[PDB]
Amino acid sequence: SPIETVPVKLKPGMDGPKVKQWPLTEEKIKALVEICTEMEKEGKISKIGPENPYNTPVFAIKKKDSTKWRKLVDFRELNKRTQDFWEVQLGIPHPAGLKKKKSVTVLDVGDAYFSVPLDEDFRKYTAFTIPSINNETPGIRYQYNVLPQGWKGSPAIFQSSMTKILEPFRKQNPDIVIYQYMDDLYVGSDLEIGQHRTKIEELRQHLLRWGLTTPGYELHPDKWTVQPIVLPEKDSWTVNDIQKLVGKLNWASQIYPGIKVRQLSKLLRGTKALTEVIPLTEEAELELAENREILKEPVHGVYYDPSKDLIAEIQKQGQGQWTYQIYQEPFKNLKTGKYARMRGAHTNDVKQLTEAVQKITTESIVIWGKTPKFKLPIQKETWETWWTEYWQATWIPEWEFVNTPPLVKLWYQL
Amino acid sequence: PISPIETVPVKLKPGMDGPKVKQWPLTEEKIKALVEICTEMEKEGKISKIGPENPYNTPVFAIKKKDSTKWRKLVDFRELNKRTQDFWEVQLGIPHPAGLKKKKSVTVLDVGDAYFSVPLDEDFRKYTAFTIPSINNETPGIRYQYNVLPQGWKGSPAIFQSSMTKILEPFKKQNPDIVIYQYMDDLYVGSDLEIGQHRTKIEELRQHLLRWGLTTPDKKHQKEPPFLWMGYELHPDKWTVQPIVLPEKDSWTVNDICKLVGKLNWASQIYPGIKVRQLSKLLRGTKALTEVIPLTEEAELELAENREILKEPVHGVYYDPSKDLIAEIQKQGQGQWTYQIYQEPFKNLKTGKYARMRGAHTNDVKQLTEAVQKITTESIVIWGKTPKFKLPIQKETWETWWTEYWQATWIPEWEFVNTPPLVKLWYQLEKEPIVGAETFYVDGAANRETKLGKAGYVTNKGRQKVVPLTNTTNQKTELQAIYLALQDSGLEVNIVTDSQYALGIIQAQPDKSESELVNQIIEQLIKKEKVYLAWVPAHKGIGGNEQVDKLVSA
DNA sequence: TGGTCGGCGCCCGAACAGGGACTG
DNA sequence: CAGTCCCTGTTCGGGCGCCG
Ligand SMILES: C[C@H](Cn1cnc2c(N)ncnc21)OCP(=O)(O)OP(=O)(O)OP(=O)(O)O
Ligand SMILES: [Mg+2]
Ligand SMILES: [Mg+2]
C-alpha cells in the first residue's frame, strides 16, 4: 500500500557493482527494450546517464511453454555487496517442514515487488545498460525506483507486508507450509495433487485480489534424496579389474572410514599380467561384500552449518547422466544425487549441465533455503557463451569453472 | 552556438581539489594558433576569461587535424581526470560495415565542433581552468576556463555520446524507419526512400540538430558513394577498408613490429588468411620499443607472405536479414585458423583469424572449438545471431570427442566441409587392457633439493629398466618414464600409473604442447597400434607398483 | 620536440589462484 | 599438521591497430 521506504546501506568498507553488459541476441534486445520502456512509462525505472559509475548485467528469458518474455538481472554482484542487510539484520530461520512435505509447488510472485518504492539514496546501484545490434546506438542506461527482482534485499523488505497478506490462509491452513525465496514462493503440502494442485489455485485467488499477481510443476525432492556408491559384480576378476576396484575403494574410504582393503589388496603382489583372471580368496571375497555393506549405510559426520558456503561438484557420465555431490566440507556430502536426461530431450552438453545446475539448486533451496556455489566441469568461454540461452530460474547461483578427470571411475558412476 | 540540452552532474573524487600545474613552453607556432582559436571561442562564449579567484591551472597544446590546416586544442587534463569521479562508459563496442543492411538511400555527416557545443556543468567549470602563454613569455599569459566539454577530459566522451542520443531521440522517435549509426559525433543516416523523400528528411534531421545546437557543415557526403565511414568506403553494393599501407623497412625495432602486426590485424577482417603467429612471436623478449630486434626467416616469410595478400584488392558485401549466416573455418597451420562469414558462396561478409594458444596441452579439436566460440560471439555483436558452420572435422571425429570427453562441450548447427587439412584425433587410448601385451609398471621420482631424479618401470615379463634425471621434477619424472615404456614397447602396450598428472594430460589426446617431453609421448602414442593406460593409488602396497617405485628411489 | 581522452581488437608479460605431491 | 614445491589456470595491465 506504498508509503514507507526502508533505508539500505551498502556494507561499509565496500563499493557498488560495475559489471559490463555482455552481448545479447536480437530477440533479446527487442525484448528488454519493449520491456524496459513499459517499465519506465510506469516509473519503475528511469533513464540515467554516464555520470553513474554503476552497472549490473541484464537479459531476457522466454518462459518455459510461456510465449511471453521476462526481464532478468545478474545482481549476484550486488547481493554479495548487500548481504549484511538481508543477512545479519534481516535473517531467516529453518523451514524444515517443506523438506519432508509430500508435494511442494514453486510460485513466482516477485511481480509484486514493483509496488514498493526503493530507498532513493540506493537506487543508483540498480543501474543496468541495455545494448544495440552491431553497435548502432550507444548503450541505453537505466535505474530502479521500486524493488528490483532478483535482488536479495527486495524480498528481505517485502517480507513483512507479505506475511500479513498471507494470514487469511497460513493460519487457516497450518498444514501447508509456505516459503519465500528471492522472487519465488513455495507451497509445500502433504496431500494429493487432486487437491494440493487445487489448493494452490485457491492461494492464487487469495494473492490475486489481494494485490499480487502470479504468471511436472510440483516437487517432492525427498522422494529421491542421496544415492549409493554401487560396486561391480563379476564372476571373474582380472589383475587390473581388481587394481581398479581397489583404487576406488581407496578414495571411497575417506568418505567411509569403515571400508577395508587388505583382503582384496593382497590378491597379488607381483608384476602380474593385467588380464590374469584371479578370483582368489575366502576372506577377501567376504570383504568385498562387506565393504559393499558399508555403501548401504549412509555416511556419518554431516553437520549442515548455515554459517558457511554450500558447494557442489558434478560429473558427466554420458547418456544424460550427470552426478553431483552437494557438500559443505571435504568428503562430507550432506547430499549427493544423479541427473538423467529428461524424456525426448536431445544430446547437448550445456543445455543439460544447466538444467542440472538448476534442479540441483532448486532442491538445495527447498533443503537449506540457500544456493550452492557450483564448481562446473565446462570451459568458461563455452559456458559463458550459451548458458543464458537455456536458463529459466528467476535467480542465478554463484559458480566457478574447473577441470579434473575421473580416475576412480567415480564412486558415483551409474 | 551552445545547445540548450541540460548539463550532466559531475563531482570530484571525494575530498580532492582541482589541477594546479603550469604551462610548459610551446612553439611560437602553437601559441600563434591556440590564441586564434580561443579568441574565436571566448567571443563565441565557449570559454570565459578568469581572474585571481580561480586557484587552478592545467596545460594545453594543439595537434593538427586529419586534413590539417585546422588545429585541435587539447588540454593535458591528465591530473584532473585522476582527481575526477568515475563514469560508466556508454560506447559498448564498434559498428561493422558488414552489419549495415542494404538501403536505398544513405548519407553521412560529421558534427561541427561537437564537444564545444555541449554545455559543461556550471560548478565543475572551475578546474577546467588553463592558461595561454605568450611569445617572449614576459607578459603574463591569458587565463580562461571552459563552459563546454574540454577536449581530453576523462568524461567528455560519455557525456557527448549520452547527450547526442537524447538530442536525436525525438527525431528518431518520430521517424522510426530511418536508421542512424551514431558514432560519437559522426552520423550515418540511411533509409529506403527515394532521393526525394530521403534528402527531404535528411534536411529535417539537419535542422533539428542545428535547432538543438548541432552543426552539420558541408563535410556531409551526399550522393557521394563511396561514403567514407569508420575507416571504410561504402559502395552501393559492397564496402572495404581504406588504404592500408605497411611500413617498408630494413632495420626492425620492437615498435615497428608492433605497428606492423597491429596494422595487419586491422586487415585480418577482410583480407583472408593473414597471419602473425611468427612476427608477434618475435616480441616475447620484453624490451625497449626502440631496441632493434632481428627478423627471422621463419617470420621473414610471414611478412612477405601477408605483404602479398595485401597486393590483391578486396572487398566485402553487406548483410541480408533474409538469407542465413554461414561461417567456415580452415587451419592456417601452427594452431592458427582463418574463417570467413557469409551468405553467398563467394560473397564474403567478413573474414577473421584465430591464433590463441590456450592451455599447455591441447589438440586441434580443442582449438577448433574455441574458434566456433569466438566466432559465435562477434557474429552476435554484429548480426545479433548465430551462424551455421562449415567444419573441416568429421561428423564422427566430433561425435567421438564429446561422448568420450569428460567435460561438456558444444558446437552449434554445423555440417562437414570436406577440405583438408581436415581435423581429427591422432590416437584413441584403449578403454580396456590389451591381452597378451607386456603390461608395464611405470614411475619415477626426483629430489627437490638436488634437482636430480630417476625414472623407470618393470613388466609382467620381468623386463627391468631405469634412467637418471637432471633438474627433473616430481612431475617430469613420471612422464619421462611413460616416455620410455613406449619406445621400449611395440605396437601394443599396457602401461600402468599411480600419477594422475600424466594420466590426465594423456587422456586429453593432446597433439600440441610447449612441453618438449609431452611431444614425443604423443608422437609415440601415434606410432603404436594400441595402448591401454590404467591408474593405481600410489604409495600403497600394490602388485607391480611396489617394485617400480622401490627401484627408483632417492 | 612530443604531450589528451573514451571504445574495441590483438599480442605479451606479470601478478595473482588453486590443486596435487613432497617435505618439515 | 603445517611449510613447501611443482603445474595449471585466471586476471590485470602495458604497447600497437582502428574509430571519433
Ligand atoms: C574532437 C571529437 C573526437 N575526437 C577526435 N580526436 C580526438 C582527440 N584526440 N581527443 C578527444 N576527442 C577527439 O570530435 C570529433 P572531430 O570531428 O574530429 O572534431 P570536432 O570537435 O567534431 O570538430 P570538427 O567537426 O570541426 O572536426
Ligand atoms: Mg565533427
Ligand atoms: Mg610416483
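Letters go in sequence order (proteins before strands), and every chain restarts at 1. We use all heavy atoms of the structure for the numbers below, so side chains are in, but hydrogens, waters and symmetry mates are not. Ligands are counted one by one from 1 in listed order, and the atoms in each one are counted from 1 as well. Determined via X-ray crystallography, 3.0 Å.
Most-contacted chain for ligand 1 in this structure, per the PDB entry: POL polyprotein.
Of the candidates tenofovir diphosphate, cefoxitin, gepirone, amsacrine, amlodipine, what sits at ligand 1 is tenofovir diphosphate. Other chains having non-hydrogen atoms less than 4.0 Å from tenofovir diphosphate: B, C, D. Less than 4.0 Å from tenofovir diphosphate, one finds the following other ligands and ions: ligand 2 (magnesium ion). For DNA chain D, the entry uses the name oligonucleotide primer. Residues contacting tenofovir diphosphate within 4.0 Å (heavy-atom distance) are B:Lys65, B:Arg72, B:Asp110, B:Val111, B:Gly112, B:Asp113, B:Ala114, B:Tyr115, B:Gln151, B:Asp185, B:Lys219, C:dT4, C:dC5, D:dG20.
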